[PDB]
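Comments concern the structure below.
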Amino acid sequence: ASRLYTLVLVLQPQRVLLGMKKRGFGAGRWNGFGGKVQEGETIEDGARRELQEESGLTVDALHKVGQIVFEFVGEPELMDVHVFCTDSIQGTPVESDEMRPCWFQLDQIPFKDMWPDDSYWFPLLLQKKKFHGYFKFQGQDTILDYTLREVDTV
Ligand SMILES: Cc1cccc([C@@H](C)c2cnc[nH]2)c1C
């Protein structure tokens, strides 16, 4: 019982782009660009579409960096999140009704205003490591249990 999602990080040598979400699931946190994969769509095509819809950016090369499963206790559907990175983009980030984008230096990542699991896996993403993760949540703030391991193949 799982639903496919994508999550894209625009990660350059000295900075990362994040979006402050205005509405819906994750509102009030800095997020990467992501959402549900559609019928007849590849996971990578879904990742490229979500980045354009949410940030206004066009991506060249996407790289697979991780897979994370999220459980919310009492909710039947697991989230199966496929995580990607890119450095090569075109366009300038667009502020919309849904998202306020900002660049962060890599020593100023706003973890206090991000999903709490990011403190565990974001440091692997920054050192170009690949990973498999599982996080069990109670509500949106409390991690009950987790596993996280580095892999050669996502
Ligand atoms: C839409 C979407 C896609 C992927 C993940 C997430 C959340 C659960 C998340 C967990 N840790 C970072 N973000 C959302 C909201």
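In what follows, residues are counted from 1 in the order of the sequence shown. Heavy-atom basis, side chains included; hydrogens, waters and symmetry copies ignored. Read the numbers this way: they start at 1 and go in the same order the structure lists the ligands and their atoms.
Ranked by contacts, the top partner of ligand 1 (the one with most) is named in UniProt as Oxidized purine nucleoside triphosphate hydrolase. The name recorded for the drug at ligand 1 is medetomidine. In this structure, chain A contacts medetomidine chiefly via UniProt domain Nudix hydrolase. Per UniProt's N(6)-methyl-AMP-binding annotation of chain A, a non-hydrogen atom lies under 4.0 Å from medetomidine in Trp115, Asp117, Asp118. Per-residue contacts place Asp118 under 4.0 angstrom from the following atoms of medetomidine (heavy atoms of the residue considered): 11 (N), 12 (C). Among all protein heavy atoms, the one lying closest to atom 11 (N) of medetomidine is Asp117 OD2, 2.8 Å.
The heavy atom nearest to atom 1 (C) of medetomidine, out of those in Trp30, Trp121, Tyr5, is found in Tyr5.
Contacts between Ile68 and medetomidine below 4.0 angstrom, taking non-hydrogen atoms only, are absent altogether. Closest to atom 10 (C) of medetomidine among all protein heavy atoms lies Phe70 CZ, 3.3 Å. The shortest N or O to N or O distance between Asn31 and medetomidine is not below 3.5 Å. If you look at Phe135 next to medetomidine, there are no close heavy atoms at all, none under 4.0 Å. Contact atoms of medetomidine toward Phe25: 15 (C) (distance under 4.0 Å to a heavy atom of the residue). For atom 13 (N) of medetomidine, the nearest non-hydrogen atom of the protein is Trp115 CD1, 3.5 Å.
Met79 CE, 3.9 Å is the protein heavy atom nearest to atom 14 (C) of medetomidine. Proximity by heavy atom, under 4.0 Å to medetomidine, holds for none of the UniProt Mg(2+)-binding residues in chain A. Heavy atoms within 4.0 Å of medetomidine belong to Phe25, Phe70, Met79, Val81, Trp115, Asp117, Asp118.
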Please tabulate, line by line, the atom pairs linking an N/O of medetomidine to a protein N/O at a distance below 3.5 Å, with the distance in Å to 0.1, or answer 'none'.
{"from": "medetomidine", "atom 1": "11 (N)", "to": "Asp117", "atom 2": "OD1", "distance (Å)": "3.2"}
{"from": "medetomidine", "atom 1": "11 (N)", "to": "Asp117", "atom 2": "OD2", "distance (Å)": "2.8"}

